[PDB]
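A structure with paromomycin.
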Amino acid sequence: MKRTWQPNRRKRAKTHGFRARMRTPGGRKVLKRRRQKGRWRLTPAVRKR
Amino acid sequence: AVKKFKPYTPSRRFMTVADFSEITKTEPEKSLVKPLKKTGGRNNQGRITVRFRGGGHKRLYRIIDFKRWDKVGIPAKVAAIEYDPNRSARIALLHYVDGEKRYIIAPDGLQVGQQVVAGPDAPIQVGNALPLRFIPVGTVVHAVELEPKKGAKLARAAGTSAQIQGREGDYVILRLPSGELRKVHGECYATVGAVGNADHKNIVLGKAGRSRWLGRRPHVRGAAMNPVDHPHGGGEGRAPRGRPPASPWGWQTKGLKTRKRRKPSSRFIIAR
Amino acid sequence: XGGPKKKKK
RNA sequence: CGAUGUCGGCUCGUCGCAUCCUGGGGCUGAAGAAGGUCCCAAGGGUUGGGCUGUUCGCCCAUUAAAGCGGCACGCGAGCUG
RNA sequence: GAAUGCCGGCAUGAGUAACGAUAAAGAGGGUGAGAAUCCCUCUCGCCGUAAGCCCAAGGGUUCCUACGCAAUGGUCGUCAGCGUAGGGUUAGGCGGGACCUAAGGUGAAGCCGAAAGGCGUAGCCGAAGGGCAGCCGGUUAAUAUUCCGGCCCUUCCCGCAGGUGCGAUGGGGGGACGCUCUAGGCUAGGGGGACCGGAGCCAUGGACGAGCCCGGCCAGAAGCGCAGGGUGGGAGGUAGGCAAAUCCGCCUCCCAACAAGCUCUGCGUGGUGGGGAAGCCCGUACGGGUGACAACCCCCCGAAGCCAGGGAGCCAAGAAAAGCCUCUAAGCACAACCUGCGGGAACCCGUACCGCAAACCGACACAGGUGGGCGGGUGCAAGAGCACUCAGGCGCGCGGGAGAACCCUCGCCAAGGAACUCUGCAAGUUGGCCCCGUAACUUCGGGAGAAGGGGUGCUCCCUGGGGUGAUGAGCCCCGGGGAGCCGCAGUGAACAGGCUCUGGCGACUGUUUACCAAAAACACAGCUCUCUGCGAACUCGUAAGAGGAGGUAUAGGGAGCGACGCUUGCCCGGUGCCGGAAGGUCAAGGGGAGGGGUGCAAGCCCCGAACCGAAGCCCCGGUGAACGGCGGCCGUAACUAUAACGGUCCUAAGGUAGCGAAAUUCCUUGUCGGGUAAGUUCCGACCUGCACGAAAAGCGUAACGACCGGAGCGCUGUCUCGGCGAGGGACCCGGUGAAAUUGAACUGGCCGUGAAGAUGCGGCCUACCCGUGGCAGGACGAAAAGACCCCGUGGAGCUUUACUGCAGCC
RNA sequence: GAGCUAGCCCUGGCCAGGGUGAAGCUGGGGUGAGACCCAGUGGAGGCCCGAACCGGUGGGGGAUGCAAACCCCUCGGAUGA
RNA sequence: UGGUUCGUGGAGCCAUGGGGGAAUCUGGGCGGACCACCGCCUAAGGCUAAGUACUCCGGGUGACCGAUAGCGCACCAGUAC
RNA sequence: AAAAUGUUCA
RNA sequence: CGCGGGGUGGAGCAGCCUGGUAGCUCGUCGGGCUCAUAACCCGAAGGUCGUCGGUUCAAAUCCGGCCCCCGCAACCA
RNA sequence: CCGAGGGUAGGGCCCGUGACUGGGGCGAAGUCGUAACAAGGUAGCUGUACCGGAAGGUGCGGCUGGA
Ligand SMILES: NC[C@@H]1O[C@H](O[C@H]2[C@@H](O)[C@H](O[C@@H]3[C@@H](O)[C@H](N)C[C@H](N)[C@H]3O[C@H]3O[C@H](CO)[C@@H](O)[C@H](O)[C@H]3N)O[C@@H]2CO)[C@H](N)[C@@H](O)[C@@H]1O
Ligand SMILES: [Mg+2]
Ligand SMILES: [Mg+2]
Ligand SMILES: [Mg+2]
Ligand SMILES: [Mg+2]
Ligand SMILES: [Mg+2]
Ligand SMILES: [Mg+2]
Ligand SMILES: [Mg+2]
Ligand SMILES: [Mg+2]
Ligand SMILES: [Mg+2]
Ligand SMILES: [Mg+2]
Ligand SMILES: [Mg+2]
Ligand SMILES: [Mg+2]
Ligand SMILES: [Mg+2]
Ligand SMILES: [Mg+2]
Ligand SMILES: [Mg+2]
Ligand SMILES: [Mg+2]
Ligand SMILES: [Mg+2]
Ligand SMILES: [Mg+2]
Ligand SMILES: [Mg+2]
Ligand SMILES: [Mg+2]
Ligand SMILES: [Mg+2]
Ligand SMILES: [Mg+2]
Ligand SMILES: [Mg+2]
Ligand SMILES: [Mg+2]
Ligand SMILES: [Mg+2]
Ligand SMILES: [Mg+2]
Ligand SMILES: [Mg+2]
Ligand SMILES: [Mg+2]
Ligand SMILES: [Mg+2]
Ligand SMILES: [Mg+2]
Ligand SMILES: [Mg+2]
Ligand SMILES: [Mg+2]
Ligand SMILES: [Mg+2]
Ligand SMILES: [Mg+2]
Ligand SMILES: [Mg+2]
Ligand SMILES: [Mg+2]
Ligand SMILES: [Mg+2]
Ligand SMILES: [Mg+2]
Ligand SMILES: [Mg+2]
Ligand SMILES: [Mg+2]
Ligand SMILES: [Mg+2]
Ligand SMILES: [Mg+2]
Ligand SMILES: [Mg+2]
Ligand SMILES: [Mg+2]
Ligand SMILES: [Mg+2]
Ligand SMILES: [Mg+2]
Ligand SMILES: [Mg+2]
Ligand SMILES: [Mg+2]
Ligand SMILES: [Mg+2]
Ligand SMILES: [Mg+2]
Ligand SMILES: [Mg+2]
Ligand SMILES: [Mg+2]
Ligand SMILES: [Mg+2]
Ligand SMILES: [Mg+2]
Ligand SMILES: [Mg+2]
Ligand SMILES: [Mg+2]
Ligand SMILES: [Mg+2]
Ligand SMILES: [Mg+2]
Ligand SMILES: [Mg+2]
Ligand SMILES: [Mg+2]
Ligand SMILES: [Mg+2]
Ligand SMILES: [Mg+2]
Ligand SMILES: [Mg+2]
Ligand SMILES: [Mg+2]
Ligand SMILES: [Mg+2]
Ligand SMILES: [Mg+2]
Ligand SMILES: [Mg+2]
Ligand SMILES: [Mg+2]
Ligand SMILES: [Mg+2]
Ligand SMILES: [Mg+2]
Ligand SMILES: [Mg+2]
Ligand SMILES: [Mg+2]
Ligand SMILES: [Mg+2]
Ligand SMILES: [Mg+2]
Ligand SMILES: [Mg+2]
Ligand SMILES: [Mg+2]
Ligand SMILES: [Mg+2]
Ligand SMILES: [Mg+2]
Ligand SMILES: [Mg+2]
Ligand SMILES: [Mg+2]
Ligand SMILES: [Mg+2]
Ligand SMILES: [Mg+2]
Ligand SMILES: [Mg+2]
Ligand SMILES: [Mg+2]
Ligand SMILES: [Mg+2]
Ligand SMILES: [Mg+2]
Ligand SMILES: [Mg+2]
Ligand SMILES: [Mg+2]
Ligand SMILES: [Mg+2]
Ligand SMILES: [Mg+2]
Ligand SMILES: [Mg+2]
Ligand SMILES: [Mg+2]
Ligand SMILES: [Mg+2]
Ligand SMILES: [Mg+2]
Ligand SMILES: [Mg+2]
Ligand SMILES: [Mg+2]
Ligand SMILES: [Mg+2]
Ligand SMILES: [Mg+2]
Ligand SMILES: [Mg+2]
Ligand SMILES: [Mg+2]
Ligand SMILES: [Mg+2]
Ligand SMILES: [Mg+2]
Ligand SMILES: [Mg+2]
Ligand SMILES: [Mg+2]
Ligand SMILES: [Mg+2]
Ligand SMILES: [Mg+2]
Ligand SMILES: [Mg+2]
Ligand SMILES: [Mg+2]
Ligand SMILES: [Mg+2]
Ligand SMILES: [Mg+2]
Ligand SMILES: [Mg+2]
Ligand SMILES: [Mg+2]
Ligand SMILES: [Mg+2]
Ligand SMILES: [Mg+2]
Ligand SMILES: [Mg+2]
Ligand SMILES: [Mg+2]
Ligand SMILES: [Mg+2]
Ligand SMILES: [Mg+2]
Ligand SMILES: [Mg+2]
Ligand SMILES: [Mg+2]
Ligand SMILES: [Mg+2]
Ligand SMILES: [Mg+2]
Ligand SMILES: [Mg+2]
Ligand SMILES: [Mg+2]
Ligand SMILES: [Mg+2]
Ligand SMILES: [Mg+2]
Ligand SMILES: [Mg+2]
Ligand SMILES: [Mg+2]
Ligand SMILES: [Mg+2]
Ligand SMILES: [Mg+2]
């Protein structure tokens with residue numbers, strides 16, 4: 001059947017990107033938490049040009 | 001007149017379509033004056049706030065003239081009468097000698113080629129606009145302003161009118177389509193005649209689809225729902241209500257008057 | 001799995 | 001009750017006798033034939049349909065007879081539902 | 001030593017199930033330490049509106065190549081999509097960006113919000129939509145509309161040459177649009193060819209023949225030619241297009257009304273450029289050479305594609321912005337703009353490869369999912385259907401034997417045809433087209449494919465229409481008539497309704513419980529009630545704000561009923577809602593009679609009665625397509641029987657029409673009648689309606705239905721009642737190799753006993769040790785800390801005249 | 001967190017081939033004029049058959065499956081909600 | 001209404017949203033309703049080290065762990081997944 | 001303003 | 001089985017809970033009006049209060065057990 | 001070839017019959033009420049509509065077969 005993962009580079013970027021997270025206090029805290037944690041990747045890596 | 005069909009299909013046996021014979025050879029509209037992009041959307045910034053809206057034909061807005069006092073004294077020739085997707089009435093395309101082209105909402109009896117004009121001057125004829133005062137008591141009228149210089153707001157639906165009843169210092173009394181008795185300021189413009197396309201009420205949609213074409217989504221009964229959804233939801237195999245009939249939001253829907261009492265508008269109203 | 005089936009039979 | 005799947009049908013059976021038939025017998029208000037009743041006897045047999053989820057039962061056509069129960073109201077790690 | 005404990009390790013079932021589509025393999029020769037599995041050749045099978053090509057998304061080195069097999073591959077593995085290394089992605093013209101705007105996002109001004117923040121015209125951002133200039137070949141092992149060859153374009157910038165008042169983010173025009181059906185002419189694509197060109201080929205009985213086989217194009221500026229799209233030209237007046245316009249718009253006179261003329265596309269032709277089969281010869285993992293000086297022509301079918309902004313009809317009435325044309329304003333007219341010609345300048349990112357899949361989404365080389373374009377030929381009426389087959393791509397990454405049960409999938413059957421069964425479930429019958437021929441009923445459309453039938457191949461003869469051709473040959477479409485041939489059989493294979501009668505419910509097409517319910521549930525047009533005068537009611541938000549609606553009583557919100565036909569009765573006492581400037585009650589507040597505490601006192605400070613005090617409640621009316629409700633007991637007619645008729649109690653009033661053993665009927669298989677040999681079902685009736693009933697609508701209704709019930713005909717393996725056969729498994733051999741479960745085991749029957757159902761206790765009986773194929777009675781078998789039930793002063797969802805609050809409203 | 005799913009918005013795409021034959025046109029007929037009736041044309045429809053496509057009716061298989069919803073036969077719609 | 005031990009309590013004081021609304025030393029707040037007396041203070045403007053809290057970081061010590069422990073990580077770990 | 005009825009055959 | 005409501009003149013109903021008093025309508029009977037019947041008018045009769053018990057000074061009335069009658073309930077399996 | 005006829009399928013007309021149902025006719029002295037004929041005690045009749053145990057009542061218009 002159709003599963004739940006339907007990859008889209010634009011969606012992933014607009015949805016979970018560094019700039020989206022930065023836009024709101026909710027998201028800014030996510031970066032803070034991930035930084036303090038020592039996460040190698042703050043936001044998902046969306047590729048291609 | 002109303003177009004009628006033979007039952008060559010079920011739902012074609014009741015279906016019924018407007019007569020478009022008053023639609024003069026001018027079916028597609030007029031750029032310049034209108035159209036605008038019209039912005040379909042069944043809801044506010046976010047959430048739906050009027051249920052069951054959506055779908056249905058794309059539209060172009062015809063930006064019509066609801067304040068006729070710009071062109072006081074300037075007459076215009078009625079050039080055409082065309083279909084307007086965004087109202088029950090039809091619209092008149094008129095050419096002002098000025099050059100300017102406006103649409104007026106098209107009254108019953110309006111003929112193409114006719115002369116029409118607005119102002120204190122203005123022969124009392126079908127199509128003309130006047131401040132309410134100079135209009136003879138008892139004449140039927142439409143596109144009436146509520147307060148002066150604020151635009152036509154009463155009687156624009158197809159086949160509607162108001163009748164002038166009498167006067168009272170600065171106000172003339174109106175009898176509105178609903179039957180209400182209203183004091184409306186003398187200085188309010190209103191155009192003589194009834195609205196026309198009066199056979200609009202006689203049309204039978206005929207099937208579900210037609211409803212959808214006009215963007216009317218299926219309306220579901222409270223009875224059909226559940227207690228979470230509606231006061232009428234549940235219980236077992238059908239149910240008669242079990243309380244005084246209500247809206248989904250709990251207010252009673254048979255009888256409960258809802259106009260606020262202390263409206264300052266009150267001292268200008270005399271009926272139902 | 002996670003069910004979600006209701007106890008039928 | 002940290003689970004013994006609960007009706008009926010199909011399937012496969014087997015067991016008890018307080019026997020429906022067939023075998024043998026006493027009494028009969030047993031002439032004969034055919035019955036009635038009780039004793040002995042289970043080796044074997046005990047149909048096919050209409051109705052109903054039905055068990056049961058009522059019917060149709062037969063038959064030597066159309067037996068009654070137990071086996072987790074036998075049998076769902078066999079089937080049906 | 002235990003916690004269905006936690007982490008780890010190793011057992012058990014077990015060499016057991018399985019090895020992922022039943023599209024299929026056989027052989028020869030290589031290579032190698034080692035080949036069913038890798039390379040090659042031959043033979044066979046499968047896909048071919050794909051299982052073949054080209055994109056988009058996504059994936060991110062999987063691409064090519066060299067060297068390799070520990071692991072990954074469900075077996076092998078010399079192979080690989082795997083390992084190591086190296087190589088590979090070339091753009092002014094393709095796409096995206098130095099262009100545009102849509103939803104929406106953001107957002108200066110501004111508005112709002114305890115803070116975080118929320119809204120918000122302008123502007124900006126935002127794209128398979130608008131705009132925009134490359135076509136055809138050739139090369140690499142791997143890239144090419146990118147490199148190369150030919151042919152052809154686009155911008156800027158600087159020049160000369162000449163034209164003109166040039167000139168804005170501003171005005172106007174254009175861009176610019178729906179659905180259905182469509183005309184004319186073309187192209188793509190395809191068929192045929194006695195004509196042109198080709199290596200070859202006479203097999204096995206016959207054929208040297210207009211024989212077989214293969215192929216007969218592509219691109220192409222200017223100029224033509226042919227289709228077709230756009231568009232009136234003047235002169236005056238002008239108050240509108242938010243400044244100004246010569247522009248546009250609106251008037252008024254001329255000439256056109258035509259595509260005549262201007263332009264704009266498409267297609268042919270075109271200077272020239274390129275391609276160029278079968279077969280044979282070679283060495284590939286494949287490509288090359290020759291066939292060639294290759295030929296490169298004539299008909300026919302023909303689009304859903306092009307000319308495109310074509311035409312017609314219809315209602316539901318069908319984006320914007322920029323490029324582009326034009327008008328002018330500030331400025332400036334030694335600027336500037338336009339035309340032509342030259343030289344110069346032309347960036348950034350993407351380009352490999354998979355791409356209906358072993359490279360994407362599903363933990364997997366997963367029988368699933370995944371958007372657009374091309375998708376050839378023949379025949380079957382057509383077609384993207386179906387059968388085979390081009391090109392192209394595959395035989396699905398375990399095999400070899402055997403020929404048991406049993407299972408799956410499939411074929412056939414004597415005689416009977418539903419006796420099977422909850423039910424004809426399943427399976428069969430029927431089946432395409434052409435032509436006869438069709439009932440009740442009906443809203444006049446339908447019911448209709450009703451039903452029931454006949455025709456269907458091939459040969460020859462005669463003959464009627466077109467179409468393309470000139471009025472003809474041919475080539476291509478429809479027909480008609482008549483003789484005849486063969487077979488069991490002519491839509492000879494494949495794709496292709498079983499039918500009818502009669503009830504229930506719902507009008508109908510539709511929608512619904514992704515993952516057990518597709519229905520009589522929801523929806524639906526339509527009917528009615530009610531709210532709402534517009535800063536509408538209603539809804540979301542604290543607010544601002546927004547929807548409603550750029551709508552205005554023929555409108556919008558809420559409720560019920562649910563096409564249509566005939567209809568929808570009585571009760572306003574209770575509850576709700578509506579209407580009542582009276583009266584009763586009523587909170588803060590006003591008012592202070594009067595009383596209290598302190599003070600030597602003026603004073604300061606407490607209470608506090610009359611009375612004045614809203615809504616709400618009470619009270620008075622209204623209102624049922626508002627919440628709802630709509631009786632009991634006796635008596636009576638000249639056979640009995642029954643009761644039109646009477647009495648009486650009670651109610652706010654005492655269910656009318658229509659229907660009725662019903663989706664409602666308990667007693668019940670009510671009682672009659674029908675169908676049947678027989679009928680708890682079914683249909684028609686009676687009415688004693690436990691416990692129908694009129695918008696939670698009543699009774700009907702043509703048509704409609706993957707809905708539910710009854711019956712019949714046809715037809716059958718459903719059954720009597722089974723049998724035989726096919727293949728995929730099962731079984732044997734080689735290879736790889738799990739699982740849930742498991743206190744330990746050396747694990748028999750009976751009759752008992754025991755916590756009441758014993759392999760394990762007692763008595764007796766039986767039984768050498770160990771497997772394999774099977775069957776499921778048992779181990780109270782496995783799997784899930786029973787869903788039922790009860791318990792816990794456990795938890796949630798829902799309800800209301802439970803309590804207490806809050807929003808909202810008054 | 002709406003890359004699954006529900007709805008709505010903006011912008012694109014898709015729906016082989018067959019049937020049936022409404023209005024309306026044109027001619028004829030009829031009438032004082034009509035209504036209306038016959039053809040012929042026309043091509044309407046939540047119209048019909050049926051691929052793609054969207055579904056999920058019934059049965060069988062599957063049940064440590066190919067698959068945490070699959071497969072086979074059959075079936076609903078397929079110019080419209 | 002909040003704060004204080006103070007839950008309206010005899011409820012002060014200290015803050016405050018609403019209404020009314022003074023005074024400048026003979027002026028004003030407080031000592032738990034209120035009044036008197038006796039006393040303490042001088043509101044409606046602001047700044048002010050130290051003593052106190054903490055441990056990302058550096059150092060010392062340990063009747064602290066010794067690779068299922070000790071931080072999640074002694075090992076290229078907030079990694080692989 | 002109100003007032004019902006009169007068995008069969010002659 | 002369980003529950004709670006009721007038996008009162010000939011008929012249909014009050015009367016009970018706060019014990020001492022049985023009443024209403026119709027019917028029946030006698031009398032009138034009418035030619036006659038009904039209607040109508042004036043008079044009158046008629047109730048072991050289902051029974052068995054006792055509670056009391058006194059029971060239709062209050063309390064127990066049966067007897068019929070009416071209605072409600074019988075759920076989860 | 002046609003063809004008597006037989007078979008299969010589907011319609012039309014007529015006859016008979018059927019639980020039950022509808023009204024009707026008739027049958028000396030059963031029931032309920034008083035509609036009509038006198039002004040029938042509401043003038044009657046009437047077409048139609050609604051309603052009622054029954055005659056009938058009433059709404060609307062009409063008639064003289066009444067004043
Ligand atoms: N035959 C006349 C028609 O039928 C009905 O008439 C029938 C009945 O109404 C009528 O019944 C009458 C009754 O009216 C009158 N008041 C009393 C009388 N005894 C009855 O009589 C009836 O029943 C008796 C039995 O008892 C029979 O013997 C007698 O023949 C019969 N007529 O008897 C008639 C039968 O013959 C209509 N009422 C009448 O208008 C109509 O025209
Ligand atoms: Mg525009
Ligand atoms: Mg919102
Ligand atoms: Mg937002
Ligand atoms: Mg609805
Ligand atoms: Mg529901
Ligand atoms: Mg609710
Ligand atoms: Mg119910
Ligand atoms: Mg309810
Ligand atoms: Mg238990
Ligand atoms: Mg257990
Ligand atoms: Mg015996
Ligand atoms: Mg004997
Ligand atoms: Mg039968
Ligand atoms: Mg049966
Ligand atoms: Mg039993
Ligand atoms: Mg037995
Ligand atoms: Mg038992
Ligand atoms: Mg049992
Ligand atoms: Mg089972
Ligand atoms: Mg078991
Ligand atoms: Mg069941
Ligand atoms: Mg222990
Ligand atoms: Mg376990
Ligand atoms: Mg373990
Ligand atoms: Mg085993
Ligand atoms: Mg085995
Ligand atoms: Mg095996
Ligand atoms: Mg395989
Ligand atoms: Mg080797
Ligand atoms: Mg094939
Ligand atoms: Mg790699
Ligand atoms: Mg490779
Ligand atoms: Mg291997
Ligand atoms: Mg594998
Ligand atoms: Mg190699
Ligand atoms: Mg590699
Ligand atoms: Mg481009
Ligand atoms: Mg740059
Ligand atoms: Mg932009
Ligand atoms: Mg915008
Ligand atoms: Mg914003
Ligand atoms: Mg941009
Ligand atoms: Mg574009
Ligand atoms: Mg200029
Ligand atoms: Mg513009
Ligand atoms: Mg030869
Ligand atoms: Mg060319
Ligand atoms: Mg101007
Ligand atoms: Mg060549
Ligand atoms: Mg057009
Ligand atoms: Mg712009
Ligand atoms: Mg411009
Ligand atoms: Mg490339
Ligand atoms: Mg490529
Ligand atoms: Mg390639
Ligand atoms: Mg594709
Ligand atoms: Mg594979
Ligand atoms: Mg796959
Ligand atoms: Mg697809
Ligand atoms: Mg094709
Ligand atoms: Mg065909
Ligand atoms: Mg096919
Ligand atoms: Mg047979
Ligand atoms: Mg046979
Ligand atoms: Mg038969
Ligand atoms: Mg049977
Ligand atoms: Mg049977
Ligand atoms: Mg049946
Ligand atoms: Mg079937
Ligand atoms: Mg049926
Ligand atoms: Mg039916
Ligand atoms: Mg339906
Ligand atoms: Mg349907
Ligand atoms: Mg479901
Ligand atoms: Mg289903
Ligand atoms: Mg369905
Ligand atoms: Mg608004
Ligand atoms: Mg709006
Ligand atoms: Mg409404
Ligand atoms: Mg309903
Ligand atoms: Mg309904
Ligand atoms: Mg209904
Ligand atoms: Mg009332
Ligand atoms: Mg009421
Ligand atoms: Mg009321
Ligand atoms: Mg009120
Ligand atoms: Mg009041
Ligand atoms: Mg009603
Ligand atoms: Mg009945
Ligand atoms: Mg019932
Ligand atoms: Mg019967
Ligand atoms: Mg019978
Ligand atoms: Mg009902
Ligand atoms: Mg109702
Ligand atoms: Mg069989
Ligand atoms: Mg086999
Ligand atoms: Mg093996
Ligand atoms: Mg042993
Ligand atoms: Mg035992
Ligand atoms: Mg022992
Ligand atoms: Mg023992
Ligand atoms: Mg067993
Ligand atoms: Mg168990
Ligand atoms: Mg438990
Ligand atoms: Mg408790
Ligand atoms: Mg708790
Ligand atoms: Mg026609
Ligand atoms: Mg059509
Ligand atoms: Mg359709
Ligand atoms: Mg179809
Ligand atoms: Mg669905
Ligand atoms: Mg406090
Ligand atoms: Mg104070
Ligand atoms: Mg103090
Ligand atoms: Mg003190
Ligand atoms: Mg102090
Ligand atoms: Mg230690
Ligand atoms: Mg260690
Ligand atoms: Mg550790
Ligand atoms: Mg750790
Ligand atoms: Mg009488
Ligand atoms: Mg008489
Ligand atoms: Mg006589
Ligand atoms: Mg239960
Ligand atoms: Mg008959
Ligand atoms: Mg009379
Ligand atoms: Mg009279
Ligand atoms: Mg009368
Ligand atoms: Mg009358
Ligand atoms: Mg009446």
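Each chain gets a letter, A, B and so on, in the order its sequence line appears, and its residues count up from 1. Whatever order the structure lists them in is the order used to number ligands and atoms, beginning at 1. The displayed model is a subset of the deposited entry, and contacts were enumerated within the subset.
Taking every copy into account, the model assigns paromomycin to ligand 1.
The chain forming the most contacts with paromomycin (ligand 1) in this entry appears in the PDB entry as 16S ribosomal RNA.
Lab note - other chains with heavy atoms under 4.0 Å from paromomycin (ligand 1): J. Per the entry, the source species of RNA chain J is Thermus thermophilus.
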